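Next up: a structure with emetine.
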Amino acid sequence: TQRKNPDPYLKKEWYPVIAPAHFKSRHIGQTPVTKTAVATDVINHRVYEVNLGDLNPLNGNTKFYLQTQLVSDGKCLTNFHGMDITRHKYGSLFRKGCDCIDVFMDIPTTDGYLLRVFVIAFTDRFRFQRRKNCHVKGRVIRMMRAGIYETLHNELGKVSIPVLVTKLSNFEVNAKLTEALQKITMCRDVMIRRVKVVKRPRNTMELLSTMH
Amino acid sequence: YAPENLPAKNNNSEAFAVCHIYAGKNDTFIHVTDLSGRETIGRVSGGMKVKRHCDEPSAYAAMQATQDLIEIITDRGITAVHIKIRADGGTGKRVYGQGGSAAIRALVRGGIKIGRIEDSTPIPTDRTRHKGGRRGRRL
Amino acid sequence: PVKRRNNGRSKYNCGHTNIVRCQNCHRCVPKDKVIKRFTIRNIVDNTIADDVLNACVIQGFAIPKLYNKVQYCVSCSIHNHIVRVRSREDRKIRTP
RNA sequence: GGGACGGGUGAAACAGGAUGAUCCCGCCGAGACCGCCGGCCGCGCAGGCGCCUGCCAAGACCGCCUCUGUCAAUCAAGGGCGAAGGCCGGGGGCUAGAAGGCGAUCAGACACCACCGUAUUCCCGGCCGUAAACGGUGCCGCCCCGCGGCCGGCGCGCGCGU
Ligand SMILES: CC[C@H]1CN2CCc3cc(OC)c(OC)cc3[C@@H]2C[C@@H]1C[C@H]1NCCc2cc(OC)c(OC)cc21
Ligand SMILES: [Mg+2]
Ligand SMILES: [Mg+2]
Ligand SMILES: [Mg+2]
Ligand SMILES: [Mg+2]
Ligand SMILES: [Mg+2]
Ligand SMILES: [Zn+2]
């Protein structure tokens with residue numbers, strides 16, 4: 001049954017991993033891999049979860065997903081793949097006594113991507129309100145959902161991957177969402193929960209060149 | 001180990017790995033993996049250090065296993081790690097065991113730099129039916 | 001005779017409610033009859049929080065919390081001292 | 001990828017592992033279900049009711065110097081709906097799990113604990129017509145101490161606050 005084998009780490013070597021130019025700190029780290037027996041084809045399409053705070057040393061509760069698409073000059077080149085918040089923040093948002101709206105929409109880019117965007121929101125209590133609960137009537141909720149859809153469509157209807165990445169990094173969409181929703185009523189929190197890529201074109205080389 | 005078999009050294013920054021802690025109620029796992037969860041640098045379990053099945057998830061076994069893992073990974077050239085602590089989850093206890101904190105303190109007192117810490121326990125948006133029946137473990 | 005006016009549950013203006021499972025024994029209980037508590041705790045015990053912060057490389061880091069809602073059945077809450085058997089007059093008290 | 005245990009219990013033992021398990025990661029397939037918000041909130045004749053989008057018909061409440069003019073209440077017979085389990089004929093097959101098997105405990109254990117697992121649990125058409133189907137309080141109508149909380153609608157007052 002039992003048998004001994006040689007130490008595998010006597011035939012490994014490391015590669016560097018780099019991030020798109022939207023961020024200040026572009027060295028994610030290094031990855032091990034086994035020598036050809038091909039490494040340049042085996043370290044491809046690997047996904048890395050990087051915190052936004054480390055990418056731009058308000059940011060510690062958001063992380064990005066980056067995928068390698070090309071190996072060149074002994075380095076791995078990555079682009080956008082996803083976006084998410086941390087679990088503790090999500091758990092902290094919820095509160096007893098208020099209702100929440102959780103919307104999602106599918107948005108197509110100009111580079112051939114189809115994205116699914118999830119938006120969450122919460123209601124708050126007025127400064128001078130007799131009651132202690134923050135529940136609202138149905139028409140207000142419908143108006144909030146309609147406003148969310150309208151703002152999302154108008155702010156991301158015709159966007160590209162670099163512009164979307166910059167907007168996500170600097171929270172502009174959150175800014176318009178909260179600005180618009182506050183015109184309907186009190187809105188404690190309004191952000192984007194996460195972004196998913198559903199389908200992308202098979203060949204993305206000019207896109208990669210532009211990002212890096 | 002030849003230098004090309006190790007991460008490139010740079011005073012600019014130190015190599016970062018990821019440690020996965022499984023703090024179960026019957027065993028504990030300490031798993032070190034690179035930034036992408038595909039390359040395994042060192043793996044140890046609490047059942048490799050005890051002779052009684054009931055002490056596999058105890059803190060002492062976790063500490064010894066963490067010491068062994070420390071030795072291995074330092075030999076392989078790693079200095080800092082992120083933490084991903086988890087429980088059974090999946091319609092289960094959803095509470096950490098008693099070996100997780102022991103492993104964390106062993107890592108801290110073992111001369112390792114710590115990065116981020118997060119929960120990774122699997123939780124459903126909604127679940128299947130669990131075992132026990134509608135009367136539960138009657139005992 | 002009747003022991004409580006609420007019949008041991010908070011059920012008003014309805015006939016049926018969705019069920020939940022006890023987190024200790026996995027018994028099936030009505031949602032309105034189950035004992036619920038919300039807890040907020042640090043991932044790391046406060047004893048080693050200072051040590052972790054000392055070890056941490058990040059600047060301005062904050063220890064994450066854990067948010068869990070625990071639900072227990074009548075039998076398990078009494079066994080684990082989550083609730084207590086009170087006197088006839090104390091049973092009417094609704095304040096913690 | 002990596003290399004020796006893993007599972008489970010009060011403690012153990014049956015099933016899993018060099019045919020590389022447990023663990024990490026990515027993809028694929030199917031079928032259930034609708035969480036934290038979620039409540040001395042609400043809806044419905046009752047049984048019951050919680051993903052996104054769209055369509056369809058309906059209902060109680062309030063407001064009114066709108067219409068008719070007793071057209072009403074309760075009811076054997078009769079008709080309709082009716083949790084879960086169960087049955088007939090077709091689909092589907094993931095969790096759980098009657099029956100059955102097996103490991104423990106015991107004086108015994110064919111039970112409580114552990115593991116595997118058929119019918120069933122899901123959909124369509126149709127039977128059955130029972131529950132601590134409980135507010136253990138039949139339906140319509142009048143008078144009736146005081147204090148207070150919440151939901152829906154309407155009106156008054158001001159220093160305009162939900
Ligand atoms: C239902 C299985 C029974 C099998 N055993 C007999 C031997 C035994 C000896 C113990 O002393 C250490 C012991 O401590 C927990 C448990 C047992 C179990 C007992 C089981 C009987 C069961 N019903 C009666 C009371 C009881 C109490 C228990 O304590 C929590 C218990 O643990 C699961 C099981 C039981
Ligand atoms: Mg008992
Ligand atoms: Mg009595
Ligand atoms: Mg009932
Ligand atoms: Mg049925
Ligand atoms: Mg009766
Ligand atoms: Zn419990």
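Each chain gets a letter, A, B and so on, in the order the sequences are listed, and its residues count up from 1. The structure has been trimmed to a portion of the entry, and contacts are counted only among what remains. Both ligands and their constituent atoms are indexed starting at 1 by order of listing. Values below: every heavy atom of this structure, side chains too, minus hydrogens, waters and symmetry copies.
The ligands or chains that make up emetine in this structure: ligand 1. Of the chains in this structure, the chief binding partner of emetine (ligand 1) is, as the PDB entry puts it, 18S rRNA.
Other chains reaching under 4.0 Å from emetine (ligand 1) with at least one heavy atom: B, D. By chain and number, the binding site of emetine (ligand 1) (heavy atoms under 4.0 Å) reads B:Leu139, D:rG10, D:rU105, D:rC112. In this entry, the label on chain B says Ribosomal protein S14. In this PDB entry, the source organism listed for RNA chain D is Giardia intestinalis assemblage A.
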